[PDB]
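Chain letters run A, B, ... following the sequence lines, proteins first, then strands; residues in each count from 1.
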Amino acid sequence: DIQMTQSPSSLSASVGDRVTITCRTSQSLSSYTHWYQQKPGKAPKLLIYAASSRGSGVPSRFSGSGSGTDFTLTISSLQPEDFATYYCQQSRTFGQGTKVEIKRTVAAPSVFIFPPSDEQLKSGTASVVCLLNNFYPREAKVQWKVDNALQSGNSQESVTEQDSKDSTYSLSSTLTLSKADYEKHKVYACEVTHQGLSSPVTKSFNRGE
Amino acid sequence: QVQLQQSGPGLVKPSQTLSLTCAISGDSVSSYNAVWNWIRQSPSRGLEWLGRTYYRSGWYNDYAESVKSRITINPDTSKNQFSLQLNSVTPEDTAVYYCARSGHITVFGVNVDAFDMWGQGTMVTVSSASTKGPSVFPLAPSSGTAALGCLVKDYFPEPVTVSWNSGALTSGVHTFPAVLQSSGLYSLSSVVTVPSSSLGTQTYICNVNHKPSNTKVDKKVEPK
């Protein structure tokens with residue numbers, strides 16, 4: 001029966017900011033709301049228990065408060081390592097989570113292009129990888145050109161979560177071609193647009209060199 | 001403190017049975033001040049408590065309404081573990097499964113229902129497809145920072161883990177989330193930035209582990 005509603009569903013705040021997340025219960029008389037912090041690829045960790053007690057190993061910048069059905073989690077001074085999703089809980093019910101993102105200064109990506117390995121070519125497929133390293137904010141455009149022809153529908157992107165030390169993102173774009181198609185062209189180019197750059201950056205190689 | 005070590009296969013065919021185990025160290029499965037839970041998490045459904053077992057002068061079990069007809073959670077007092085069995089699985093059961101202890105932390109002496117320690121999670125994929133280990137290809141540094149990496153291609157199911165130099169190299173590493181390709185196999189890359197000066201003196205090896213196929217691969221990544 002107990003329902004838990006968390007607000008906001010996400011937020012961005014600067015390092016040093018005071019951050020407040022709310023959880024509102026319904027159909028409960030209990031004041032024992034617990035909070036968890038979950039970082040990418042890790043299990044949730046108990047952060048606050050029984051509305052206001054700090055969990056083992058939890059620093060003093062985290063605090064909890066509760067009044068009737070309204071519970072709050074406060075980070076008094078946000079740090080880059082507090083990038084996480086925060087969940088409230090009562091009994092067998094979890095809230096939906098609040099994603100805390102770190103707002104920081106603009107940072108242009110470092111761009112690298114990788115040809116397919118000879119080993120992979122033997123398998124009949126060629127993957128060409130473009131890496132954008134350590135940039136902020138997340139918005140970035142990556143375009144593939146093969147002998148100057150813009151490519152469409154043959155690439156996939158993946159992005160990391162914000163880094164726990166410098167709050168940047170990194171991104172990969174992978175162009176997949178058959179070996180025969182790879183061998184028919186010479187110039188492979190990754191063109192990157194990002195607000196940290198004064199104009200688009202292109203990295204390229206020539207197949208065979 | 002307590003440690004919870006999960007094990008069991010991460011691939012289950014639709015309609016068949018999911019079976020996982022949590023091995024406890026630092027507390028007893030039959031402790032009077034512990035409750036042993038299973039919880040799952042999926043991007044869509046968020047965190048969902050499944051059930052629990054605990055001993056209070058006899059064993060008790062409670063299960064979530066959503067899984068009650070299909071679920072069993074059993075203690076093993078010989079090996080200090082507890083299991084999850086979930087029958088008749090469907091694609092909606094694809095999730096990361098966590099074990100966790102509750103009912104151990106106290107406030108004014110009262111044991112509280114906070115999940116104070118969690119196991120590492122087991123990713124479970126409900127699919128009829130067979131397991132496949134990855135191919136690993138180098139992403140070579142070309143020609144004062146150099147980037148290098150490993151392309152981990154064509155595996156099933158998730159997850160793959162990647163370390164560098166057997167976990168000696170952690171600074172500047174990025175392992176990307178896997179992408180599902182149109183073939184229905186996953187692929188990811190792991191990259192590291194290093195000083196270009198170190199390329200002619202430092203060896204770089206990516207260590208790839210795909211537990212569902214028992215694949216452990218080490219690939220030396222060198223200049224071209």
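As PDB records put it, the drug at chains A and B is MEDI8852. The deposit gives chain A the name MEDI8852 Light chain. The PDB entry calls chain B MEDI8852 Heavy chain.
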